[PDB]
Amino acid sequence: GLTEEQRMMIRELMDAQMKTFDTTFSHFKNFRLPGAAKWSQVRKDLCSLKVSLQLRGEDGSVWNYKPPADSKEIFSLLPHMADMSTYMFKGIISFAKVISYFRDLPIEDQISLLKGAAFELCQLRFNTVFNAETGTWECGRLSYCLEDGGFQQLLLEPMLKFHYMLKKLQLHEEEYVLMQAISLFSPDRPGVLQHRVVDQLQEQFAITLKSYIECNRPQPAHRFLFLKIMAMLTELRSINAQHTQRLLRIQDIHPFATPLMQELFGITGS
Ligand SMILES: CC(C)(C)c1nc(-c2cccc(NS(=O)(=O)c3c(F)cccc3F)c2F)c(-c2ccnc(N)n2)s1
């Protein structure tokens, strides 16, 4: 069983998630849509995603967008993705701010922790709207569908393999929100000062997750689930570092980051 404190911890996380995760994306509006050796790398960077976009109007109409092939056209999706990322990042910041364990840290460590983890928490939330059968992220009236190598070739992209592998674990809402907490409270992000406090908090969240899995998932399929989840969080941190470098290269060639994104990625405006 869980202790009273562990149940309180989960309930506080679940409450924060429900208050700040707009799962239907109803308040995502007014977003933009698609109308030397540095460049080869930036081309390789931009070619790894490849999603088409679908927008279902409230009246029943459907707009569909199919991206081009790399023949400047590789940048046509960046303003839209910047708007989606900014919307998600806002939700993530709200999440952190309604959690008492986070509100209790000094403001400087709050900022450091958010800068370190915003990408990761975004990816964790996107996994809950990922449909692994159709290869699509279902964000309310918006859908992002992976373009057609096959599934095996898709799994070569680490973010995509991450989404398929994590979806396969069939986690509960409580396990997702504890993964978000373990990621947010990482004592080893640059600029963290209360390293010991954050480390103890993280360990508590991880113990709560371990005990929750033990008390509620006895089936042979969920043997080692806790260790699988922690390995996924390690892999997600790696993905975060490579995507940060990728974003900074693209931003160096073709600026696109919003002010919130610039703040989170350490871009100063100078
Ligand atoms: C909706 C769906 C299909 C799940 C996506 N989410 C992101 C995504 C996920 C998390 C954060 C950001 N924004 S971001 O700021 O983290 C960032 C970029 F917007 C662009 C490049 C790297 C990067 F880290 C994203 F764009 C996608 C995405 C698109 C292009 N590049 C990258 N790295 N991610 S695709």
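Along the sequence shown, residues are numbered consecutively beginning with 1. Order of listing sets the numbers, starting from 1, for every ligand and every atom in it. What's counted below: heavy atoms across the whole structure, side chains too, no hydrogens, waters or symmetry copies.
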Which chain contacts ligand 1 the most here, in the terms used by UniProt?
-> Nuclear receptor subfamily 1 group I member 2
Drug identity at ligand 1 = dabrafenib
Heavy-atom contacts of dabrafenib (ligand 1) within 4.0 Å | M81, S85, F89, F119, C122, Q123, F126, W137, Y144, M159, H243, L247, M261, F265
For dabrafenib (ligand 1), which UniProt domain of chain A supplies most of the contacting residues?
-> NR LBD
Numbered atoms and elements of dabrafenib (ligand 1) in range of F265, under 4.0 angstrom, heavy atoms | 15 (O), 16 (O), 24 (F)
Do any nitrogen or oxygen atoms of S85 come within less than 3.5 Å of a nitrogen or oxygen of dabrafenib (ligand 1)?
-> yes
Under 4.0 Å to a heavy atom of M261 - the qualifying atoms of dabrafenib (ligand 1), by number = 15 (O), 19 (F)
Look only at interatomic distance and state if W137 has a nitrogen or oxygen under 3.5 Å from any nitrogen or oxygen of dabrafenib (ligand 1).
-> no
Near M81, which atoms of dabrafenib (ligand 1) are under 4.0 Å from a heavy atom of that residue?
-> 1 (C), 5 (C), 6 (N), 7 (C), 26 (F), 27 (C), 29 (C), 35 (S)
Which residues of chain A does UniProt mark as hyperforin-binding that also come under 4.0 Å from dabrafenib (ligand 1) by heavy-atom distance?
-> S85, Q123, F126, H243
Which of the dabrafenib (ligand 1) atoms, numbered from 1, are nearer than 4.0 Å to a heavy atom of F89 | 15 (O), 16 (O)
